[PDB]
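What follows is a model of Amidated meditope carrying bound cetuximab.
The lettering of chains (A, B, ...) simply tracks the order of the sequence lines. Chain A is numbered as in the PDB entry, which gives 1-220 for the residues shown. Following the PDB entry, chain B shows residues 1-213, kept in their order. To match the PDB entry, the residue numbers of chain C are left as they are there, and the shown ones run 1-12. Method reported for this entry: X-ray crystallography, 2.5 Å.
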Amino acid sequence: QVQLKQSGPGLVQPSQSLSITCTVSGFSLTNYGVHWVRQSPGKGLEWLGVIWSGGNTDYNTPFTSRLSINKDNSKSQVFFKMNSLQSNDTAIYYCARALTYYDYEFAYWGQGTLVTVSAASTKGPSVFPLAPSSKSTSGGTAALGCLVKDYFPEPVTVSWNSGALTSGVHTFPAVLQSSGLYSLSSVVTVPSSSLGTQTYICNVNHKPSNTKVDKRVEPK
Amino acid sequence: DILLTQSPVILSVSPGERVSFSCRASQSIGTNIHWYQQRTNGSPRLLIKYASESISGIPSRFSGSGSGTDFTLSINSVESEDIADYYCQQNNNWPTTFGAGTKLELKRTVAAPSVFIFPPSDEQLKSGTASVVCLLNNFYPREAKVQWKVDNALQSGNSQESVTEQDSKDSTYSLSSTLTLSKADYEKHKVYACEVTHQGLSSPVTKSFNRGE
Amino acid sequence: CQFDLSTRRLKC
């Protein structure tokens, strides 16, 4: 089917420039324009601009002088570049495609790229087990999890047993600590009788720091 | 630029009820309005185009109407999968603009939390920091109190809470309260207790451990 | 309300 896959999230220093790649499939950039939309806390959804089938670009007015969109039809890539970012340029950036070649009803979206504008440094998390016990087992159900501590910036992805375990998973919103680093926990409830039979692994991935950790979580 | 005003900011309904979202435009935009759904951690999903026209793959319970300045997206029988924010978009005038969204929350029966406490791991203790985690799982409604006591001393200012968005299947929330202290402070004390207060509990629930046993 | 970058949801 139609798909748009964006490059990974990450940090950009203030007054520096942002670059995202959108790789499309299931259609040809020669037949459809690709639009760029961002979503921020301050301004919500903003349409930024578009590159059309034949290479022309339109940019939303407040961005004409710091926005550049280019593409490579053969490689099915669209390249978004935006100059001199400030803190309020922190947002989820998306590429999108309309239903028809000339229109703006966005039926296909990329997965979004969270861009953080900040002067700080990237830092991978430490992953610590939240071990099941009796103080976490009632009625035959055990709770267990992973503490994903001290990383920057957002986001971090957490899955369980390489994607095979989804039922009963809660991955909490990250909270910013006084250190300026994020921390979160991811929990799952499972039958306590399965704790000696099944392995439970939280797969943690902090793409901004290329930190991938698999943490086995065992009864203590 | 056309300004789009969505109202109210929050809607709260019970499953099976009908719900309407309003999107008003600063001047007439004909029927050039598109609606989107955003679920937790999602990108927008196109629900309706041009005020009333269906989109392939979208459940028939979604519909929209309106023309001129006053537009309405409707769900004729809400389901828990519909927990999301809803946005309108105008494209009668360049540049295309979006409204600020309406949040759709679901009501359900009271569900008391299951409470679990997790001591700090020996791994984390090697780093000189101790995190104590108190989990409140699968409850409704959102309001809850977590009180930390270390050796009967009330703990204040040294814990942080996080609440999930509403579950798309059972409409519950879960909450984590993390008490953080230095390894030195953690080693100088014995009884770690979080106390949980919730409408669904007939008295507070205390989970505790002694550092060690 | 206000958009939350962590959850992609409005926080009111």
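All instances of cetuximab are found at chains A and B. With a 4.5 angstrom heavy-atom cutoff, B/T164 does not touch chain C via any of its atoms.
In this structure, the portions of B/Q38 lying under 4.5 Å from any heavy atom of chain C include both its backbone and its side chain. Heavy atoms of B/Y86 lying under 4.5 Å from chain C are absent altogether. Among the chains of cetuximab (chains A and B), the one with the most heavy-atom pairs under 4.5 Å with chain C is chain B. The binding site of cetuximab (chains A and B) (heavy atoms under 4.5 Å) is made of C/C1, C/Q2, C/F3, C/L5, C/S6, C/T7, C/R8, C/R9, C/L10, C/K11, C/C12. The PDB entry names chain A Cetuximab heavy chain.
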